[PDB]
Enquirer: 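Examining a structure with polythiazide at the moment.
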Amino acid sequence: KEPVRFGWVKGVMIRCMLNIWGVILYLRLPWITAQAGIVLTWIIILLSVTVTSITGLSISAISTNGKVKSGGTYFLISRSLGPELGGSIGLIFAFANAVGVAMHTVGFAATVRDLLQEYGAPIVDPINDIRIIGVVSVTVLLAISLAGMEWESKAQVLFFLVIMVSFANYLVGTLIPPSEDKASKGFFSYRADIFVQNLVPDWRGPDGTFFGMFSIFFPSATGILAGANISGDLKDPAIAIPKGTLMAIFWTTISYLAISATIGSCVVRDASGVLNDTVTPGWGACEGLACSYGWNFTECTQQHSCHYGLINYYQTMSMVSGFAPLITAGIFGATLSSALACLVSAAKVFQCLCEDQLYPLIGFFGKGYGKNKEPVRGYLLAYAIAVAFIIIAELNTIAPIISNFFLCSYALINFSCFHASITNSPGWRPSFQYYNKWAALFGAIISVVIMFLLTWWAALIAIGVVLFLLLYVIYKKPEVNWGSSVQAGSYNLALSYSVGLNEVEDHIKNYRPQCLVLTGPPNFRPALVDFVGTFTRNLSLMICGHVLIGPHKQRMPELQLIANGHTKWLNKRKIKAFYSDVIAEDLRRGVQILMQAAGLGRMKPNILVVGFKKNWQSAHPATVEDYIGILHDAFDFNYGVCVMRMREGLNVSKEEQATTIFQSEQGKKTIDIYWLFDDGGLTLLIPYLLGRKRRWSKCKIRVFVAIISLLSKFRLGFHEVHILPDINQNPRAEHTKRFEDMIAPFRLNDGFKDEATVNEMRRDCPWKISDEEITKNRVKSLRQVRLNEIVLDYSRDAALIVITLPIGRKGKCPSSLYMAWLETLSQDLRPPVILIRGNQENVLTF
Amino acid sequence: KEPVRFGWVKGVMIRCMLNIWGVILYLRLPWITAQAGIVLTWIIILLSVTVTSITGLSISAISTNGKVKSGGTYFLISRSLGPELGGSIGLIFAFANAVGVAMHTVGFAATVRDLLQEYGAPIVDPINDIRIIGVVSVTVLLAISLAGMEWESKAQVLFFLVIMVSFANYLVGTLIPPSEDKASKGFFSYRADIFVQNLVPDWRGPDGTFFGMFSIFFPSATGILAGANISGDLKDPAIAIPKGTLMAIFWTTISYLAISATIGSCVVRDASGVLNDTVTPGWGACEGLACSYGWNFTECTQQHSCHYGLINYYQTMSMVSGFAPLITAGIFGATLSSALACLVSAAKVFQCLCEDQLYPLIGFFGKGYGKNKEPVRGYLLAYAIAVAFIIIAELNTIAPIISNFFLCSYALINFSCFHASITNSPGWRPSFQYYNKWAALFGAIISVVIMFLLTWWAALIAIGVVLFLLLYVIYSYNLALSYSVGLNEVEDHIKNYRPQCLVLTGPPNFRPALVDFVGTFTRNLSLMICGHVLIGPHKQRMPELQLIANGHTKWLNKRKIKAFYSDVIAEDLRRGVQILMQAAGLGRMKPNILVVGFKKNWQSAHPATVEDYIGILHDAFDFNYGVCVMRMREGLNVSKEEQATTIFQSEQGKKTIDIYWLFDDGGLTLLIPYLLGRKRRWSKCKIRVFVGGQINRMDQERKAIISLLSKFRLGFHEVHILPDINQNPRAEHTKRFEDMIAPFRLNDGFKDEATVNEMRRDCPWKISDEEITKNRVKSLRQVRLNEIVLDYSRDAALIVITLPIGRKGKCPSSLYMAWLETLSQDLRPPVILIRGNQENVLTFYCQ
Amino acid sequence: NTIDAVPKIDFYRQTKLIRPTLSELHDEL
Ligand SMILES: Nc1ncnc2c1ncn2[C@@H]1O[C@H](COP(=O)(O)OP(=O)(O)OP(=O)(O)O)[C@@H](O)[C@H]1O
Ligand SMILES: Nc1ncnc2c1ncn2[C@@H]1O[C@H](COP(=O)(O)OP(=O)(O)OP(=O)(O)O)[C@@H](O)[C@H]1O
Ligand SMILES: CN1[C@@H](CSCC(F)(F)F)Nc2cc(Cl)c(S(N)(=O)=O)cc2S1(=O)=O
Ligand SMILES: CN1[C@@H](CSCC(F)(F)F)Nc2cc(Cl)c(S(N)(=O)=O)cc2S1(=O)=O
């Protein structure tokens, strides 16, 4: 009580050979041999079999790299190039299959109609004959297909046996001495001179050109994917697909090469068909090899006006054989087997395509009925399409379009083997080793050259329909993640250039601002991701750091899920940033890890962007110590610092994503800069790079500072320049008392004692301030509140204010004093405020 | 010395007008009007300026979006579709211009030569006159263009005045009553019965069909990018480029529409040209229309063999003029202007490509060229190509592929606007009143349709040569940064797993063996990062430290190894390795395997070093790493010109790679040898795989293992089974293990776990005997497996055993190191101990 | 569970037992 699975002979080889053998073998191959001669016909066959051999090797390498399921061709292409190029070629493969059902039932019906005219009486109408017969035949084929998959595989064997019987009949017939009405039509039994004179071309008519023969034959050698299309019923598709496909191609090619060279050595190109053309002694003259055998076709050859022979009579292969009705049976089998093999493939590819939710509302047809889960709804859709194209019944101009839907699949079956083999993902491990990627690119190019040679305006329609669906799938972005080779091309494309960076040494004319941004969870502080992603996009590096403060010291898998959530959040905003997190016991010791290790060779951060600690006056005085220690560590590691503040705050935690200030047009406002120390040029570069952006390009960069000589020489292009007024002068008293009573809870009331005893008493906590430093660094303390007054005077209603970050000497001043300066310097201002100081490096050399 | 800037009426509108106007205006348009009639010619003109106006709208939309430089056209295709279409289309667009220079100077050359045949005496054959004069004309244009673009604007203004006097001459000559000589050739003044006679087509000839007329005219209406390629020389492009480009189109279309009607309202289609055809009163009956004016043109119209008239004489508009030579002056202006516009617009694009750093294929630019940065090298390249194609002198065969190199650019320029509009690309917000993404998609459909309609095989070479350039470049800082950030979208699959190593070398030149080994199989495949921990105080970027860190990168580069160097500072090795594990890498390119060397003399150094060494592995297992430990017989540290040579630089030959797959770790034990065997040195080796099994299930599970190894497509040759691992080892080997573990033995008698910590805090590496009893079976397994390995793999090339794993708090460091040293002792080839992280790295399936 | 497993086919299939995790083999008991 298990579903049946097929071997390789009965499952791949028989079906591929039945699909390849059509009606060209019977009704137009002798004609091609007569027109083009044996040698050039052999060239045509061996030239049309090169393309299908190359595609067989490609589809055979692709299908032995894992386990294959239902879906056949579509499954193999989509899982190897992804849904964009896989779901656009799996919707026209099925449609082309359905129309192929239509165009082979039409041929079967035409043969039946031609049989019925002569023997008895034709029915209803010449053209309304090919409608009735085709519709009834497709209904019968639908029934036999819909009855199960062990009954169709019993019909295909019957058709194969019928074809073999026709071949044996023809070979037996071509070996008996010719009867009198048999030789009057051209057929002499076997010789040498007919062979010799049939070796060279004899073109006639408007259709008799070499390319006019290649155009007729080539679409009759494709059809090799009829066994790979039932890959869900084979019991070992990793051994059944290569052997079956390649053996089928070999055997059908031998069949063609034998039929042509055997028909061309028996029947002469010109014969009359009248039993009275026997040669009369002593009269006139011969016109050819015929008169040596006693027959006289001179009037034909002189007038070019008779019906029989290897050119003029299309059904010569019926006349030659011992019993023509068996050749008729062969034609019936050859035409019905292809229709059945197309009807099955359309449904089994469409069901797989509908399982994967790639297109809006065709998912109704991806349902299985029964134990084997046959697509009882795909069969009926293909039947409806085939009956619709059979009612038309004149498909002589539809065929060029359909035959180019099958050459877009040959061009993507071959590119999928080239692309996946030049990449070498570990895991790209096929067990069919007899292929080459350059011979697979060759086939991809030729399948597109031929598609235009055959007819240039149907290739245009085919490629237009391919791109329409390709673009739809790109713009909808479904989520599948099948691990294609396009996804593995990105990694080694990135690695090849990251390793390439090493070759170029460190210079001074390639400075870039590469930022390490201390965000925490990017959700919490978006106003600090936007500011940095404004001026580093498409120019330099930015990393969004994060320290997980806990004592766990183990990297649980759940942390990688969280790091995938934050990366996706960054990707929604279209920020070009990297996320990285570490684990430490406090915040100061995680940023040390990030500064020391992060980056890749030459692409490593050299600027530290950190928010401002708003609540430093109501937190434990040991956290401000860590906060100032971070800045001191950044200075020791030879970084540049940028402390950023806002009036309302940075942490937003204390659906849609949040919107901040740095996302909107800020036209007609000024960007104020207060240059107080030659840091090298970082205080000037950040607003210079910020103002070039469109959102900030309508702003007036104002610089408040020999200086004009130093400014214009770097061609920065700033609007104004000024001299700040008298920073030395004493500020008014109320602000000064505010400064002194702000720093009061760090007072010590120590009077004056020797440094030894002072340190003996400070040993517990270093953040407390003694009166010695207070009275020793009171001047520059006043200077900060004075300059805050100045800034609050000029920059009251600006759009972005940049000042210079002071440095407090280690050991000579505590951290509380430095944080008090940093506070009072930028308080009670409305716009965003930044405080930059570089690392004494020439950065304006660009 | 401020750079010169141009307005909209002299740097865009005039400069596009001159490029649109060619020689079809003077030699072919009257013929089109004669054949297709007035109405259908108007249809052709409007139907072919629809496309150019749509592309003008897209270019105008691009111009009002930020600021771009001169030659920065491809820069949207580059931004919106990747920098391999951007650069490729830019290269194609510049080459097409360079060829257009030659194809216009040849028209000027032909005009001058045919003028020479009439008046004076030609001095050479009529095919080397074209060559001998085209080169001189192009050289003169190169001189007056290399002079500076101030001396090119003046020439383009002179050329405009010349055309405007040719129009004045032609328009004056059609209001004057027809002279006896002129009227014999078919010229009559404005009369209504000629207007109504020419309103309908009169097709004749091989290419006298509507498609033939469209195919002659349409490539005479393009050239609307002549002023948009110099966006770096305009005063304010966002206001000058739309207003100028969209009025050049309008006024040239007006001129084309006016000439056709005015010329068709004057001249009959057929005429004789001999003054004998004055009518004879009373001589039968007339035939034709001119017989109402005094002229009989019957004999031609019956025999169809005269030479003049609007249908047979191409120069019919040079005779209706008041003075003939002014029309040839118009010809000279019309050809030399387009030749100059193309020469400037190709130099701009070449110089922009040579300045582009996301397209490092062209480059070729060294020292700066010119005080004003004139694109001197771009000019020389364009001049070279133009001369090379002049020397050919036959170009009607090359015309229909150079004319599709432009419609490829039109199609992609139009499609990138639609793409960037519909994907809501950040940085594309064009502030232009009349831009529609649908109207820009239509202009990209139509451009390709026309491209393939004009001639299909030439449109296939044009697409084919773009894809060769696209594929050739797929197979510095701004390119590495743009691809690394592109990995943030592609999401990981087990089918694409890559082993990304973090190699602990030290100074890379102390341990060449590790570097060579790990650079064998990660080469062109995955990441590897050399590591180095400078044990000591903390401080950084000392001028010396960076200069040291550059020397080791130079050493890695000389040896031809694709690796990164990374040094951190800590107080001991363990903390430095933790710092390196947690934070090294960039995004998805971060290590997930840690490879170290073997502690050669772990029995002589202080045991705290052994404790830290084993702690390194214990931490690697805590961060989800796979661990490889590499042991070599002589040692890895070479310290204890020329670069030293290791055994991993020689071809190994036909020797074997024995793998001992004991515990299932995911597949890393047997993915390293596979990748190792994809290389030249190891490509002849034989992979033998050993597994454990039972006596009386031997073949039944050998077959199962062989079936498993062939679902993975690994291609491993042998498979053996070891059924005697649970035996007892020989006596002296167990005695050696027990003596080699003696110094670390606690020797505490037998006490409970509560008090063992009491005397083991001082030395946490010591082994309590209650704890050495519970590990006797596993301890003897290592000796037995060592005997097996010596028995089999004595003469192999590389040996792989799985790493035993020890629980925290259940096995001390000394015991673990004793196992690691027992498993791989007294054995000649390199030994590697691998342990994956218990996750699958191999797969059967496709999804 | 907690004991290291010799190679089997059952760990690599899809649909019966689970390969021990790295934390199960390494963390304390
Ligand atoms: N866990 C963390 N990881 C990384 N960076 C952090 C972390 N915590 C804080 N920072 C950085 O240090 C800055 C100052 O820390 P602090 O906790 O004072 O900010 P905050 O109090 O969250 O800001 P707000 O006043 O807006 O709440 C933060 O703005 C942030 O830039
Ligand atoms: N300063 C260092 N930085 C980075 N890695 C190191 C450093 N020192 C040692 N290692 C790595 O740790 C391993 C431990 O070996 P250790 O240095 O303790 O003894 P060794 O005999 O010097 O090592 P080897 O056998 O490699 O010479 C070494 O093999 C090496 O790979
Ligand atoms: C003869 N066929 C040609 C198309 S040219 C004849 C024309 F269509 F024009 F009539 N190519 C294929 C290819 C495949 Cl792959 C399959 S199938 N069943 O494997 O999927 C079937 C066919 S075919 O039978 O339609
Ligand atoms: C008259 N030209 C036609 C091509 S007609 C066929 C041919 F002559 F090429 F054989 N198309 C363009 C388009 C542009 Cl956009 C530019 S330009 N100056 O912007 O670069 C120049 C030209 S043209 O001068 O070559």
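Below, chains carry the letters A, B, ... as their sequence lines are ordered, and counting in each starts from 1. Remember, it's 1-based here, ligands and their atoms both numbered in the order they're listed. Values below: all heavy atoms of this structure, side chains included; hydrogens, waters and symmetry mates excluded.
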Enquirer: List all ligands or chains that belong to polythiazide.
Expert: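 Check ligands 3 and 4.
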Enquirer: Report, using the naming of UniProt, the chain with the greatest number of heavy-atom pairs under 4.5 Å to polythiazide (ligand 4).
Expert: Solute carrier family 12 member 3
Enquirer: In this structure, which other chains have a heavy atom at a distance under 4.0 Å from polythiazide (ligand 4)?
Expert: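 Heavy-atom neighbours of polythiazide (ligand 4): B.
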Enquirer: Heavy atoms under 4.0 Å from polythiazide (ligand 4): which residues of other chains qualify?
Expert: B:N19, B:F93, B:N97, B:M103, B:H104, B:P219, B:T222, B:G223, B:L225, B:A226, B:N229, B:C342, B:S345, B:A399, B:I402, B:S403, B:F406
Enquirer: Check the UniProt polythiazide-binding residues of chain B and list those with any heavy atom under 4.0 Å from polythiazide (ligand 4).
Expert: B:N19, B:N97, B:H104, B:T222, B:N229
Enquirer: Which of the chloride-binding residues UniProt records for chain B come closer than 4.0 Å to polythiazide (ligand 4), counting heavy atoms only?
Expert: B:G223, B:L225
Enquirer: Using a heavy-atom cut-off of 4.0 Å, give the transmembrane segments of chain B near polythiazide (ligand 4), numbered from the N terminus per UniProt.
Expert: 1, 3, 6, 8, 10
